[PDB]
2 protein chains.
Amino acid sequence: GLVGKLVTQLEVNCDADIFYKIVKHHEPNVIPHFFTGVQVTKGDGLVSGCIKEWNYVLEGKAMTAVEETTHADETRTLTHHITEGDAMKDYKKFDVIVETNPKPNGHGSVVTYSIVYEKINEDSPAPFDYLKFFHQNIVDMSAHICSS
Amino acid sequence: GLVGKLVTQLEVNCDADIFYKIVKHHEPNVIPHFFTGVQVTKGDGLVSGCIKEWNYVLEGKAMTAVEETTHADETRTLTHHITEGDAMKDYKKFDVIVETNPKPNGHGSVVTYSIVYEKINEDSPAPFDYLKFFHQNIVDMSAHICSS
Ligand SMILES: COc1ccc2c(c1OC)C(=O)O[C@@H]2[C@H]1c2c(cc3c(c2OC)OCO3)CCN1C
Ligand SMILES: COc1ccc2c(c1OC)C(=O)O[C@@H]2[C@H]1c2c(cc3c(c2OC)OCO3)CCN1C
């Protein structure tokens, strides 16, 4: 079993469009990390995404990744496409999709982080360490937001 | 953020209906575990599910759970409803849903394990330890199945 998807989904008490705009422009200073890179424009000169080389520590180990980020405001979706780095030692493909939708309910939101992956071989782990990291990051972010 | 869902999804090279029937009637002897319990019938005397008290070891720690299992052959869905045990020290609600579907592709299958949870409080973990356990269990099972 080489192709798979891991998901964490969380309910948040926040309008979906508002929350998407917050996620779009905000990424946990206690965790060691920084990036360098560039922004990407669409042709009208407005930034449409970015390409970042990250340096970060995951479960104690220093790592690097190169990620291209795109967004879809119409569907409140952010897509992170990893092309290089430590994760590519385990995965042929590694993409992180973040979606925010109103609860069928109506008022609050459901945020979904999906990691869509293809392992290099059967001996590769599934990216549970990344899922927990992304989960804790969005829980941390959401805990700094309140009504009104 | 108290309500959420964790998912692992895996592609398997097996007809969906065949694979569902295998999952339905098969549960990793190297992991210490046993259950006692009863089967549940629907009214025509045929077994429709079961109610099990499990004793198992998760990440080294002995635990117990009481689980009621139901199935839906029409949708190839198994549902495990945990009512008691160590997990209920962290979660108000804990349900494990296993779905098997044909690939839009056509030939093989996509298996989805979902853990639908509600934490007791903000200090409760999300059930990443259970997700990894269920994942490894279905990978182990699927590795013992081959074509023809
Ligand atoms: C605190 O340090 C970090 C900063 C930012 C991120 C992470 C991180 O700490 C492990 C991370 O995990 O998520 C993001 C980053 C990122 C993504 C995907 C990645 C990745 C990333 O940056 C490290 O590297 C491997 O695949 C998707 C989202 N994007 C914003
Ligand atoms: C090897 O030992 C085990 C046997 C069977 C199971 C597990 C297990 O080892 C942790 C487990 O995890 O999955 C199943 C069990 C089970 C489920 C859900 C549970 C649970 C379970 O039994 C321990 O306890 C907490 O919630 C859903 C599926 N069902 C069949």
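Note: chain IDs run A, B, ... matching the order in which the sequence lines appear. Heads up, chain A uses the PDB entry numbers, so what you see runs 8-34, 37-157. Here the PDB entry sets the residue numbers for chain B, with the shown residues being 8-34, 37-157 in order. Atoms considered below: every heavy atom in the structure, side chains included; atoms not considered: hydrogens, waters and symmetry mates. One-based numbering, in listed order, for ligands and for the atoms of each.
The drug observed at ligand 2 carries the PDB name noscapine. Here the macromolecule with the greatest number of atom pairs within 4.5 Å of noscapine (ligand 2) is listed in the PDB entry as Pathogenesis Related 10-10 protein. Chains touching noscapine (ligand 2) with a heavy atom below 4.0 Å, listed by letter, come to B. Defined by non-hydrogen atoms within 4.0 Å, the binding site of noscapine (ligand 2) is B:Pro37, B:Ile40, B:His42, B:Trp63, B:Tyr65, B:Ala74, B:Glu76, B:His89, B:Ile91, B:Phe103, B:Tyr139, B:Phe142, B:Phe143.
Shown in contact with B:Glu76 at under 4.0 Å from a heavy atom are these atoms of noscapine (ligand 2), numbered in order with element: 15 (C), 16 (C), 17 (C), 18 (C), 27 (C), 28 (C), 29 (N), 30 (C).
Counting atoms of noscapine (ligand 2) from 1 in the listed order, those under 4.0 Å from a heavy atom of B:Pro37 are 1 (C). Ligand-side atoms of noscapine (ligand 2) in range of B:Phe103: 26 (O), range being under 4.0 angstrom from any heavy atom.
Noscapine (ligand 2) places these atoms under 4.0 Å from at least one heavy atom of B:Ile91: 18 (C), 19 (C), 26 (O).
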